[PDB]
Each structure stands twice: as C-alpha cells, then as structure tokens.
A.B. asks: 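Consider the structure of Geranylgeranyl pyrophosphate synthase BTS1 with zoledronic acid bound.
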Amino acid sequence: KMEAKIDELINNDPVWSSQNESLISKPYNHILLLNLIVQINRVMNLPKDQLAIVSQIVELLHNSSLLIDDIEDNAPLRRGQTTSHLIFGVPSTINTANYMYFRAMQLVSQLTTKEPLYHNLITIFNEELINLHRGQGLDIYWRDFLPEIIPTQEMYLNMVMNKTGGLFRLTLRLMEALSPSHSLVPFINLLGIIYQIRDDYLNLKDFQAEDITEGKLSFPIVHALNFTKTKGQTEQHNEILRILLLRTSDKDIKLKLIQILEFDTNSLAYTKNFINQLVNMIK
Amino acid sequence: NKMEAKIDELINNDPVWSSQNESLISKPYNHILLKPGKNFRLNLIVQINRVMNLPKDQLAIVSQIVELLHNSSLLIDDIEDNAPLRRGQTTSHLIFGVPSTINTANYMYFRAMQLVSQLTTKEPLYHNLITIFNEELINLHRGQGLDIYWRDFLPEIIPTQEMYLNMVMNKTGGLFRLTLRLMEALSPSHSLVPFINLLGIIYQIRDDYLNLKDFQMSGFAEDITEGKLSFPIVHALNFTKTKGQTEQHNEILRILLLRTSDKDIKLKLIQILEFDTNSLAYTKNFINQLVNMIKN
Ligand SMILES: O=P(O)(O)C(O)(Cn1ccnc1)P(=O)(O)O
Ligand SMILES: O=P(O)(O)C(O)(Cn1ccnc1)P(=O)(O)O
Ligand SMILES: [Mg+2]
Ligand SMILES: [Mg+2]
Ligand SMILES: [Mg+2]
Ligand SMILES: [Mg+2]
C-alpha cells in the first residue's frame, strides 16, 4: 500500500493547493498595504489587456525587489509600516520575494505567443534583472566593505544606471517591443537617475534619515567624501566615514553628519543643484 | 554643459559593468565553489546522458546551468536555515554578510537563465527549455516556502507524511526534474520524470535521516538546531498525537523551538525518536522500501 501511494505520487505533477499559495504569499501581500505606464502607453498603444499584464509584471518585480532590498538594508520601515521580514522573518520573505520574480517571469509568455517576439521579451527581462542585481551588488559592496572603496561620482552614476535604471528600462523596453506603432530609453535612464538621487537627497533633507544608519554611499555622501579628500580636509573626511560605520540610529549623531554636509561640504545644496540640472535637461 | 554632456553620454549607452565589478560581487558564490560534490552531480548528468544522448557540447552547458542553480539555491538555503557550516566550511553569509549573499545568489539564478539560450538557436525548443526552467524554479520556491513556513510558525501547522512528501516533491524534486526535463527536451535520441522524482524523495528523506543518525552514532544534528520538520520529526509528531503521548508531542515541539546547539538536548530528542516513537527505524525502513521500488 505504501508503494501504491508512492507510485501515484511520482507519476503526478507536484501537489500545490490554493491554500499553500496563500501561505507563501503572506510576505508579499503585506507590502501591498501605473500612471507612468499609462502615460507612456500614449506612445506605445499596447492594447489594454496586454498593458495589464506588463503592469502586473512590473508590480511583481518592483514589490519583490523592495522586500529583498529591505532585508539587504536592514530596514525597519517601508511606507511607514513594519517591513515584511520583521513580521514573517528573513527566510520566508527572501523565498517569497524570489518566488514572485519567477511568477513575474511566467506572466511574460502570456504577453505573446509569437516565437520571435517572445524570445526578445525574455531577453529584455533577463538582461534588466541581471542589471538590477549588478547595481544592487555594487551598492551593497561599497557599503559593507567601507572604507575599502570610496566611489567617485561617475562610479555612483554607473551603479545607478543598473540598480535603478534596470527596472525602468525593463518596463520601457517591454512596451517598445510589444508596441504596434526615437527610443525613450535615454529618457527613462535619466528618469531613473533623477529618481535615485532625489531618493538619497530627500532621505537626509526630510530628516529634520535611514541612509545614515544604513551607511550607504548616497549621492550627497559620495560628494562629501570626495570633496573632503580633494581639499585635504582629513579630519572631516574621517568623521563622515566614522559616522556611517557607526550604523547609528542616534538622531543627534545623524544631525551631526547632516551638518558636516550642510556647513563643511555643502553637499545638500550641491545635490539639490545636480537634480535641478537633470530635470532641466528634460525641460 | 560639461555635466550635461557627460550625462548625455551615460544615458545613451548600455550601463557600464567591469570584470573587476563582476569579480567583486561574485565573492559569495566563488566561496561555495570550494565545497566539493561537483563530480557526483556531473556523474548523474552523464549517466542520464547515456539514455538522452545529448552531444558533449550541449551537455556541458546543461551542467553549468544546473551547477549555478544548485549553488545559488544552497547559498540562499543556508541563509534561510541559519546554517553555520556547509561542507565543513564557514557559510558564505557569515563571511560576506546576508545582503551580498542574497544578491549574488539571485544574480546567479539570472545568469543561469541566460545560459539556456546557448543550448539551441531554434525558437520552438528554446521556448520549451525556458518554460521548464521557469516551472521547476517556481516548484523549488513552493517547496522551500512550506518547509520554511512550517518550521518558523511551528506549531501553527503539524505536517502529515503526505504533506511532507508533497513539499519534498517541490523542494528537492524541482531541481532533479529541471535537469532531467531539459535533457529529455534536448535529446535527439518512457519519461524518466517518475524515476528522478523517486530519486529526489529518497535523497531528501536520507539527508533528513543521516542528519540525526550520524550525530547519534558520532555529524551535528543541525536539523534539530534549525527546527526543520524533517521526515523523522513529522513521523514522531504524528505518532505521538495518534498514540496520545501528549507530553512527548509537546517536548518534541519545545526542543525544536529552542533552536538549540546543546548536544545533550539534541541527543535527548534523537533518543526519543529512537526508543519512544521509533521514528528512526520507521524512516530507515521507509527508505529501504523506496530503494527496493527501484532495485526491484
Ligand atoms: O535606497 P534604496 O536604493 O535601497 C531604494 O531606492 C530601493 N532601490 C533598490 C534599487 N533601486 C532603488 P529605497 O530607498 O526604497 O530602500
Ligand atoms: O535540509 P535542506 O532541505 O535545507 C538541504 O537538503 C538543501 N535543500 C534545499 C532544498 N532542497 C534541499 P541541506 O541539508 O543541504 O541544507
Ligand atoms: Mg533600501
Ligand atoms: Mg538598497
Ligand atoms: Mg539547508
Ligand atoms: Mg533548507
């Protein structure tokens, strides 16, 4: 009888239920608690149904990438709410995030069955996910190996072209390949750089600032470090490095670094200016 | 304008990635490569090839893909299981940190995916190979998802033997089937899926079993420390509940939830499976029976 039961088991597809699906989706639904795509669809005109799938794909990749990003950055909050890994644990959250990457991958074959186009859609998805990981890997490396390597502005920019530019290009490239109708890739790349630098800027600017606790080589920090190095302001250079290495939650210490950035290096205004220029390129 | 020029060149080009960059983020992965065991996984592919007859060329790429997926899944598994050691060596995440290890492992899943397109230039076939790849990685994550949920939310769910077996069909069967199905799909030459599923089940129950048996004889019985609903444990929990051994049932749950490294506590739990629930003999026997299904 044992053999009978085993025989039936190995000759069938693996058993997966609706209820199993729900257990596994808990970390993902918790982060659940588009107009950019619509707007762009005015140039691409994908039929509405197709656009729904592309959109579903983008939401999966995007949400899964944040679930893992929060474990990677040891983030306690996301949009004011407790992060999924603190509620469901790191194990379930990694696994669920990764599962949705592959679920997102499956939705791609439902965008088209035309064999030439399908290969292209998979190559786009694969290439940009590879880029998201390269950029994320460099961002993480710099932070965790600090002070081994202090990136320059140019190195930061290439990291961003991958870490943030990847999913922006993934959405845009899929729509341009599926479009019935110049590439807007350069534009979406620029959008990605502005979005990231503004993310870094705002994180400090609104502190009145988790990036400090995280110890990330943000755009303002990269400017401050290279400015102090260039001016041979040894003590200020080292004090910035010392605070980031503290992985501190102390607001008084966070404010202290913000002041080095405000008063010694003027990195905030410098970053403010940089963003305004990127934005002007478009205007 | 010099800035706008530089910005213009940046956004009108592919992103810049260097081999130095590539090396720097491959650290967690390169570390697990030192662990031995490759030859055997290769032997499996070779033996299977005697039936499939893939040219050596293609078989080589099938193997690179399987190795990348296997090592990447073990990097993540050790983070998930809080494992200190893998093949007598310190785990990548304890050395390079969880963030780099997760990112690197996931990066390697996408590099493996990329290799699939080196298996053929024919669009129909390519589409089936990518679907197999996609389906079985979805299966790997479904299985891991349950093993991990049962363990971390214990005692919310006490799996039965049947549930354990369905989770293993996904958790381990997934990569066994991935390898075989890519090969069957590539073969110029009945499906071996049922066989490879049995192989995976024997593989997993034996891994669960040896983990306790080696410690009871000499191993670390790290599955007790991890809290894993192993095959022996699932049997003991269901046996105790059925036989009315309330205290034993509860003590088994309590020891799993301590996440303990104390050797005597681990040995007390193993001797409970030995003498009180007889879960060890039951497992040895269950294994032997599955092995006879093949030998006979
Ligand atoms: O600062 P990060 O790069 O981690 C972030 O922008 C996420 N992210 C990840 C990749 N690109 C951006 P978030 O501030 O949302 O935590
Ligand atoms: O016990 P696990 O399932 O975690 C294991 O077998 C790995 N694994 C992961 C998925 N299937 C098997 P290992 O004992 O090598 O840690
Ligand atoms: Mg973050
Ligand atoms: Mg991050
Ligand atoms: Mg493990
Ligand atoms: Mg495991």
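Below, chains carry the letters A, B, ... as their sequence lines are ordered, and counting in each starts from 1. Atoms within a ligand are numbered from 1 in the order they appear, just like the ligands themselves.
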A.B. asks: Could you list every ligand or chain that corresponds to zoledronic acid?
C.D. replies: ligands 1 and 2
A.B. asks: Which other polymer chains sit within a heavy-atom distance below 4.0 Å of zoledronic acid (ligand 1)?
C.D. replies: A
A.B. asks: So is A/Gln196 touching zoledronic acid (ligand 1) or not, going by heavy atoms under 4.0 Å?
C.D. replies: yes
A.B. asks: Using a strict cut-off of 4.0 Å, indicate which atoms of zoledronic acid (ligand 1) neighbour a heavy atom of A/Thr164.
C.D. replies: 11 (N), 12 (C)
A.B. asks: Of all the non-hydrogen atoms in the protein, which one sits nearest to atom 8 (N) of zoledronic acid (ligand 1), and at what distance?
C.D. replies: A/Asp69 OD1, 4.1 Å
A.B. asks: Does zoledronic acid (ligand 1) come near enough to A/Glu214 that some N or O of the ligand is less than 3.5 Å from an N or O of the residue?
C.D. replies: no
A.B. asks: Which UniProt Mg(2+) binders of chain A are under 4.0 Å from zoledronic acid (ligand 1) in heavy-atom terms?
C.D. replies: A/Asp69, A/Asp73
A.B. asks: Considering only heavy atoms of A/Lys216, which atoms of zoledronic acid (ligand 1) have at least one such atom less than 4.0 Å away?
C.D. replies: 1 (O), 2 (P), 4 (O)
A.B. asks: I need the atoms of zoledronic acid (ligand 1) closer than 4.0 Å to a non-hydrogen atom of A/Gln136, numbered in the order shown.
C.D. replies: 9 (C), 10 (C)
A.B. asks: Has zoledronic acid (ligand 1) got any nitrogen or oxygen that is less than 3.5 angstrom from a nitrogen or oxygen of A/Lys163?
C.D. replies: yes
A.B. asks: Check A/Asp200 against zoledronic acid (ligand 1) and report side chain, backbone, both or neither, counting heavy atoms closer than 4.0 Å.
C.D. replies: neither
A.B. asks: Counting each atom of zoledronic acid (ligand 1) from 1 as listed, which ones have a heavy atom of A/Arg78 under 4.0 Å away?
C.D. replies: 13 (P), 15 (O), 16 (O)
A.B. asks: Closest non-hydrogen protein atom to atom 14 (O) of zoledronic acid (ligand 1), residue and atom name please, with distance?
C.D. replies: A/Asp199 OD2, 3.0 Å
A.B. asks: Which residues make up the contact shell of zoledronic acid (ligand 1) at 4.0 Å, heavy atoms only?
C.D. replies: A/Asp69, A/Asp73, A/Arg78, A/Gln136, A/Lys163, A/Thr164, A/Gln196, A/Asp199, A/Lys216
A.B. asks: Which protein N or O atoms sit under 3.5 Å from any N or O of zoledronic acid (ligand 1)? Give atom names and distances.
C.D. replies:
unit_1                     : atom_1 : unit_2   : atom_2 : d
zoledronic acid (ligand 1) : 1 (O)  : A/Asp199 : OD2    : 3.3
zoledronic acid (ligand 1) : 1 (O)  : A/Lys216 : NZ     : 2.7
zoledronic acid (ligand 1) : 3 (O)  : A/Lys163 : NZ     : 2.9
zoledronic acid (ligand 1) : 4 (O)  : A/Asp69  : OD1    : 2.9
zoledronic acid (ligand 1) : 4 (O)  : A/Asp69  : OD2    : 2.8
zoledronic acid (ligand 1) : 4 (O)  : A/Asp73  : OD2    : 2.8
zoledronic acid (ligand 1) : 6 (O)  : A/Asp199 : OD2    : 3.2
zoledronic acid (ligand 1) : 11 (N) : A/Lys163 : O      : 3.2
zoledronic acid (ligand 1) : 11 (N) : A/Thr164 : OG1    : 3.3
zoledronic acid (ligand 1) : 14 (O) : A/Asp199 : OD1    : 3.4
zoledronic acid (ligand 1) : 14 (O) : A/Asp199 : OD2    : 3.0
zoledronic acid (ligand 1) : 15 (O) : A/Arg78  : NH1    : 2.9
zoledronic acid (ligand 1) : 15 (O) : A/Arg78  : NH2    : 3.4
zoledronic acid (ligand 1) : 16 (O) : A/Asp69  : OD2    : 2.8
zoledronic acid (ligand 1) : 16 (O) : A/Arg78  : NH2    : 3.3

